[PDB]
K.L.:
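Below: experimental structure, ciprofloxacin bound to Angiotensin-converting enzyme, soluble form.
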Amino acid sequence: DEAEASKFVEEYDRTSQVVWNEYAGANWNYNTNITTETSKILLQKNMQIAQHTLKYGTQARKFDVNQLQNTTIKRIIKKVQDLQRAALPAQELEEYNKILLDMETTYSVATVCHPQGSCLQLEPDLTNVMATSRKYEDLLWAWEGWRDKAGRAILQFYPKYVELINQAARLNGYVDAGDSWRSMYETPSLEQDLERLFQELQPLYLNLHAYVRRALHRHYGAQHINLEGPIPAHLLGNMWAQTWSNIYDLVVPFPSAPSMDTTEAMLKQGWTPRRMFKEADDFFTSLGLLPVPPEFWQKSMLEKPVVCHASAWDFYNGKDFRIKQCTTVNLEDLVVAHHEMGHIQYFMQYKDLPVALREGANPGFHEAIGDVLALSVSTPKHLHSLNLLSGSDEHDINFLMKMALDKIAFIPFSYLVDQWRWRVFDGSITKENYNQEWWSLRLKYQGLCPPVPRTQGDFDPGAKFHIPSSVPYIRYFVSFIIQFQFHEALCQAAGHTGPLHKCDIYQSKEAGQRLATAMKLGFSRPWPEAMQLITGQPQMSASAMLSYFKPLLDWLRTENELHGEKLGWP
Ligand SMILES: *[C@@H]1O[C@H](CO[C@@H]2O[C@@H](C)[C@@H](O)[C@@H](O)[C@@H]2O)[C@@H](O[C@@H]2O[C@H](CO)[C@@H](O)[C@H](O)[C@H]2NC(C)=O)[C@H](O)[C@H]1NC(C)=O
Ligand SMILES: CC(=O)N[C@H]1[C@H](O[C@H]2[C@H](O)[C@@H](CO)OC[C@H]2O)O[C@H](CO)[C@@H](O)[C@@H]1O
Ligand SMILES: O=C(O)c1cn(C2CC2)c2cc(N3CCNCC3)c(F)cc2c1=O
Ligand SMILES: O=C(O)c1cn(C2CC2)c2cc(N3CCNCC3)c(F)cc2c1=O
Ligand SMILES: C[C@H](NC(=O)O)C(=O)O
Ligand SMILES: [Cl-]
Ligand SMILES: [Cl-]
Ligand SMILES: [Zn+2]
């Protein structure tokens, strides 16, 4: 009966708001102010939210969605039918929540120590080393140490985690946890669509890889780089080799072009974490999008004073939104600040929907918003207007190369993480083979090799945040494809003509309008609709990303040919 379904979702909304807000508060308070007491308040709230999820989920499952007419109420009820972990029996729920905590804590407190010397944390110490050291042995110390200390220590938890996340999935009508995660896209063709998108980016990635490999051969020596092989995984300027832009200085196409180091300029001109978020906020409002409320500035944690990994927080009351980031003053982190502020923008845009529909059109959309703005921020024009820099085709290629080292290098990495996890969850990778299958994919997709042979008890996936924190990853792959589609469309709405990479949407109210109407849908409609509102068509497409990078593909092709490069590796 329609009226009874309608009433049921009104009640679910009122009560979810209250319970989720209380849970979010306790999760914040442990993420920022670890305390035995904040971790104890967190443990209580886990029990509260489970009980509410079990209560309304059991009620939701009594309705026959097949016979409901109103499509909103049908959709909401369908979501509430999925209890997630609250479907578990009590013992197993307890054990699962404790495993998640233990894994997340283990990762966040791990350190890598010199004997009779200092102990280094991932952020900022080890990331700095991976970004700035140009010495094979120093990079290897950090790369291997982080795996020895974080990765190996997550292993004891992972099999039971898999058992329990899968058990919950099956109790909610899925075959395993990857199935449940894939379901968030509501796209039966998802695996093949993504495969196709990846395949389209292979020429650009293989040409970037070959060019970077040649430059590493020049710096690290012929004895350490095989011009026909995979690249050692510790040399790309980043702990996971997921973005390569910190080795720009080793691969600059045209050295004779001046670029100012923005880090020096940011530091010397008195930039702070606070100032970095004010610039992000100011860009959103330039587009006519919403400012973050006064409360955001009061309650956010914008520096290390904790779980440091950058994250945006909805407190499910339509007024309180926060970022938690251990911000360092540099351009890499200004982009991370923009990313996080696009999550906040989304929260604010869909804040008046029912709480069950307060998500992105799909998870990739949530990830893409901030990155779209950052694309304009990162342009040489934009950096100059911020006083962080002082024409030529040589400048163009240099800029494209910088952008490519992040955006194109990330494509195979972002694709492979959940390829691994889907096969763990479906049972085709058992714990005996976790690590070998990870490295098979690191070779197949990224063309990387481990600098030190892996050994019994290694668990390199565990050294990447998203694995112990149980955060799906395919969202980031989708993000990097679709953010270029949004840029293309917003630039076209902004009246930009000429090379897409020269576009800066700063101050375009027209661009901000396309984004706002789509964000306002939250999760109320199939995501193709939001895709079409923004772009004029309903598909995920690598066309826009290829269009952005076309000058670089052509440059890289001619350069690799000149040196007789053999693209790929065995
Ligand atoms: C199908 O139902 C939605 C939801 O209606 C709201 O939620 C119900 C549970 C109940 O509380 C209703 O009184 C609410 O209206 C309808 O959506 C809304 O429509 C109103 C005006 O028509 C609009 O102002 C709201 O923003 C809409 N909210 C949404 C989309 O969540 C919807 O119109 C119903 N379908 C039709 C057209 O009959
Ligand atoms: C903040 C708020 O009150 N929003 C509600 C929402 O109600 C209305 C809202 O009054 C108007 C204007 O703000 O916009 C259309 C509706 O969304 O109702 C939601 C339940 O459907 C509730 O979650 C939300 O907090
Ligand atoms: O008991 C339950 O069913 C749930 C409990 N929790 C407790 C709060 C940890 C959840 C937490 C979720 N997230 C926390 C915010 N970031 C990631 C997602 C979630 F999506 C679902 C659930 C439940 O279903
Ligand atoms: O921010 C948070 O803490 C939560 C966020 N989410 C939403 C997903 C982002 C949740 C979703 C839950 N669901 C239960 C199962 N069916 C609907 C989804 C949940 F129980 C708890 C939470 C949170 O605590
Ligand atoms: C891309 C992803 N970003 C984020 O988690 O905020 C990562 O950092 O691996
Ligand atoms: Cl690794
Ligand atoms: Cl996802
Ligand atoms: Zn994000």
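Following the PDB entry, chain A residues are numbered 40-344, 350-434, 438-617, in order. We count ligands from 1, going down the list as the structure has it; atoms in each ligand are counted the same way. Both backbone and side-chain heavy atoms feed into the values below; hydrogens, waters and symmetry mates do not. Structure determined by X-ray crystallography, 1.9 Å.
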K.L.:
Do you know where to find ciprofloxacin in this model, all copies counted?
P.N.:
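You'll find it at ligands 3 and 4.
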K.L.:
In this structure, which residues build the binding site of ciprofloxacin (ligand 3) when a heavy-atom cut-off of 4.0 Å is applied?
P.N.:
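The binding site of ciprofloxacin (ligand 3) (heavy atoms) is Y62, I88, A89, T92, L122, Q123, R124, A125.
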K.L.:
For ciprofloxacin (ligand 3), which atoms sit closer than 4.0 Å to a heavy atom of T92?
P.N.:
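With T92 as reference, the close atoms of ciprofloxacin (ligand 3) come out as 3 (O).
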K.L.:
What I want to know is whether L122 and ciprofloxacin (ligand 3) share at least one N or O pair that is separated by under 3.5 angstrom.
P.N.:
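Yes, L122 has an N/O under 3.5 Å of an N/O on ciprofloxacin (ligand 3).
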K.L.:
Is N85 in polar range of ciprofloxacin (ligand 3), meaning some N or O pair under 3.5 Å apart?
P.N.:
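Looking only at distances, the answer is no, because the N/O contact criterion of under 3.5 Å is not met.
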K.L.:
Would you confirm whether any non-hydrogen atom of the protein falls under 4.0 Å from atom 1 (O) of ciprofloxacin (ligand 3)?
P.N.:
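Answer yes: something from the protein, a heavy atom, is under 4.0 Å.
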K.L.:
Are there protein heavy-atom neighbours of atom 8 (C) of ciprofloxacin (ligand 3) below 4.0 Å?
P.N.:
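When distances to the protein are checked, atom 8 (C) of ciprofloxacin (ligand 3) has a heavy atom within 4.0 Å.
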K.L.:
Any protein heavy atom under 4.0 Å from atom 20 (F) of ciprofloxacin (ligand 3)?
P.N.:
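Protein heavy atoms within 4.0 Å of atom 20 (F) of ciprofloxacin (ligand 3) - there are none.
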K.L.:
Identify, for atom 14 (C) of ciprofloxacin (ligand 3), the protein heavy atom at the shortest distance, and state residue, atom and that distance.
P.N.:
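Closest protein heavy atom to atom 14 (C) of ciprofloxacin (ligand 3): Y62 CE2, 4.8 Å.
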K.L.:
Help me out - which UniProt domain of chain A has the most residues in contact with ciprofloxacin (ligand 3)?
P.N.:
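Most of them fall in UniProt domain Peptidase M2 2.
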K.L.:
Is there a nitrogen or oxygen of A125 sitting under 3.5 Å from a nitrogen or oxygen of ciprofloxacin (ligand 3)?
P.N.:
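Yes: some nitrogen or oxygen of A125 is under 3.5 Å from one in ciprofloxacin (ligand 3).
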K.L.:
Could you check whether atom 5 (C) of ciprofloxacin (ligand 3) has a protein contact, counting only heavy atoms that fall below 4.0 angstrom?
P.N.:
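Under the 4.0 Å cut-off, atom 5 (C) of ciprofloxacin (ligand 3) does have protein heavy-atom neighbours.
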K.L.:
Could any protein non-hydrogen atom be found less than 4.0 Å from atom 23 (C) of ciprofloxacin (ligand 3)?
P.N.:
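Within 4.0 Å of atom 23 (C) of ciprofloxacin (ligand 3), protein heavy atoms are found.
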K.L.:
Which heavy atom of the protein is the closest neighbour of atom 11 (C) of ciprofloxacin (ligand 3), given with residue, atom name and distance?
P.N.:
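Looking only at protein heavy atoms, the one closest to atom 11 (C) of ciprofloxacin (ligand 3) is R124 NH2, 3.9 Å.
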K.L.:
As an exercise, identify every atom of ciprofloxacin (ligand 3) less than 4.0 angstrom from a heavy atom of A89.
P.N.:
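So the atoms of ciprofloxacin (ligand 3) that pass are 1 (O).
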